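To keep things clear, I will list the structure first and then write my remarks on it.
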Amino acid sequence: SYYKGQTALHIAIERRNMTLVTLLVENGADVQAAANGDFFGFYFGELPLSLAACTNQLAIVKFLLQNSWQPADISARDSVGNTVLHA
Amino acid sequence: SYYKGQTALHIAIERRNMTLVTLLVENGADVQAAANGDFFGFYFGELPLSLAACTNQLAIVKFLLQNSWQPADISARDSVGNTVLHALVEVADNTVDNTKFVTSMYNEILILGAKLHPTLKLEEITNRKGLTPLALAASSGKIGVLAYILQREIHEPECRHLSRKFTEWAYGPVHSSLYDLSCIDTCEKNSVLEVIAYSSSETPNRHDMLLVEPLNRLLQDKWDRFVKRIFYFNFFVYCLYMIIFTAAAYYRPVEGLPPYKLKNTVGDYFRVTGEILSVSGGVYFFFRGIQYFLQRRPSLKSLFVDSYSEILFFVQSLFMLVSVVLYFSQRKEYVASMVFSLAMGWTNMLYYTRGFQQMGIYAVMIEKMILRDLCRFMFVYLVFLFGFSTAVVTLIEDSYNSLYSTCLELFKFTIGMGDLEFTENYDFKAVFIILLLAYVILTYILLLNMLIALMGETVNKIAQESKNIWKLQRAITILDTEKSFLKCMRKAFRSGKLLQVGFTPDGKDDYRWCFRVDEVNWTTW
Amino acid sequence: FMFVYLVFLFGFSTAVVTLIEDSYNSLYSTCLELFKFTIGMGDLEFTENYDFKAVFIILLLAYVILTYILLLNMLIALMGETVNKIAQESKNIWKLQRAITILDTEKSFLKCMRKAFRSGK
Ligand SMILES: C=C(C)[C@]12C[C@@H](C)[C@@]34O[C@](Cc5ccccc5)(O[C@@H]1[C@@H]3C=C(COC(=O)Cc1ccc(O)c(OC)c1)C[C@]1(O)C(=O)C(C)=C[C@@H]41)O2
């Protein structure tokens, strides 16, 4: 609920940690999974790419989308239906 | 007297002489002795340590307290009872430059108190008045010092055990916090809310002193939780009381002389119940008004400025006690008092419009235009009324046949309801017309439009601050409702929780009252 | 302003009609006769005798001062503020009301929009 799906990747993104976010997907973590809850408060979107875009990290969004291990889905949406552009 | 106890040490401290102050105690001088007098003018405290702290000398206070020859007593007080912490608040003046200084000095002396004497805490002490430094700041109007005290956190682990606001966490823009309220609500000696609300209104920031971090949420919590329904129950019961009282007054017996025999019919049995309920509500209001004045004992100088809505509910009951006295004295005049108590009661429903944000400024405007604008305009208008009335009634002695009748007939000219007839012949009728034409121009046109333009300014000045006026009137209601019923406060659970979140340097776990709050600010990333 | 004024009207009206039970002979008639005092169209006569006439005059004089002078000039000063606040933005108000009309007219007739050629090209 409150922490449904949230991982150290989200905390690092919110903390402006370039090394932590890089290592998260380097190990093999998948960013497609999204974290949702009552707190998600400040609504920055559920997709990690949306969170990174909204949190003033263009390097992070570029890395997530370009990631060869698992590129982020630009057109993903939450259960409600808001997209990254909507966020 | 003037120089009682003052030494070269005090002069050096005031002169910013580090060498002189050092040598003073190096020779063997004792700082415990304090100098007091009529001049002590600028009150910086009697203790030399207080003077040094107030005079922007942190090095000097540190030297005095650390002095191996004779360390200063941090918790000393004067004859009156003000401590160094009290002196720090006494010298604040709400200005931006002064606030940072006084807060810094307060913080430094507090940290020194903990480092030197962890066992003892210096903020809890009270002066002769019996109000703690935060209470003193609230009562005296020092919004800056109060804001600093209420929300301050020390991140040093050793010095983090005496903070008020234990931040719980921050997650992006939102910064959840956990305030103390350990002596804000339900503190025996005094509460920081009570002194803010029950102020002379000469205190400057009381309107804006309820925007401080914990107080706003604390009051909006008591309102939303339980008080907002007690207030509406009270309003509904007063509405029932006024409807019953109006019905019983309207249908009163008219043939005979009081008291009246109880006719054996439903219509006349209901009327006696209405009379009984109306009188009982007139004793409840009487006792509530008496109790208000006993507890508060407001100054007779400011009886109407601060307790305008409590004088009126007391008068609206005095008029009915005076009618039940005259009703059993076989006097028909009890009606002349009852209907005055009836018009009082209906217009007293504007007291309950402070439970509505938008509707609560009409009550404030009516109150403020009767006391300020309309009260001091009655000496200006009455000289005109009594001068042009004596003049008019003396001229035509030979409607305008009496002083009462002439005063009435000229009052209607002021408010535009009078007729300039001149039909009835009078001796000296060219000077009577001139007198009346002068009166109408002076009062109706010139002088009544001055009042209308001065009340407009009042309305304009107190219609901008509607948010400020509303919240204080709501805080007063919350305080009164909370204090009305003891079990209400007992079962209110006003504090968010009673939790143990840290340990004091003494090694014993400390549990205190606290209340979580939240705020949003992302501009700083 | 109708909850503020009606407590005064109904309080000084019940008071006036209760006092003189022994124009102001009914609740409707007293409410009407005191409403005209508020708007300056009423007459303070006191010609007809009443029991307790020194407290009836006091009641009516209080009502006129409170409503006609004090309380009606509060409404007149509060509406002046509204007029002043929405007379500065006339350009802003006008264009939105014009946009609503344009939208309604366009949506009213389908062939109108079809043949409008709204887009430049
Ligand atoms: C205690 C005071 C000052 C007061 C008591 C009475 C006599 C009062 O006249 C005044 C003076 C006055 C009289 C006549 C015209 C204007 C002013 O004002 C009120 C008082 C003035 C009004 C009440 O108008 C209000 O201000 C209602 C009100 C506003 C704000 C409130 O917080 C409030 O709480 C109860 C009530 C009408 C009378 O109360 C009323 O009903 C009658 C018949 C007399 C009015 O004296």
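By convention here, the chains are lettered A, B, ... following the listed order of sequence lines. We're sticking with the PDB entry numbering for chain A, so the shown stretch reads 197-236, 244-290, in order. We number chain B the same way the PDB entry does; the residues here are 197-236, 244-601, 626-752, in that order. Numbering, chain C: per the PDB entry, residues 580-601, 626-724 in sequence. Portion of entry displayed, and contacts counted within that portion, nowhere else. Counting starts at 1 for both ligands and their atoms, in listed order.
The drug seen at ligand 1 is recorded under the name resiniferatoxin.
Counting only heavy atoms under 4.0 Å, the other chains near resiniferatoxin are B, C. Source organism of chain B in the entry: Rattus norvegicus. UniProt numbering, N terminus first: transmembrane segments of chain B with heavy atoms less than 4.0 Å from resiniferatoxin are 3, 4, 5. In the deposited model, no covalent adduct of resiniferatoxin forms with a chain.
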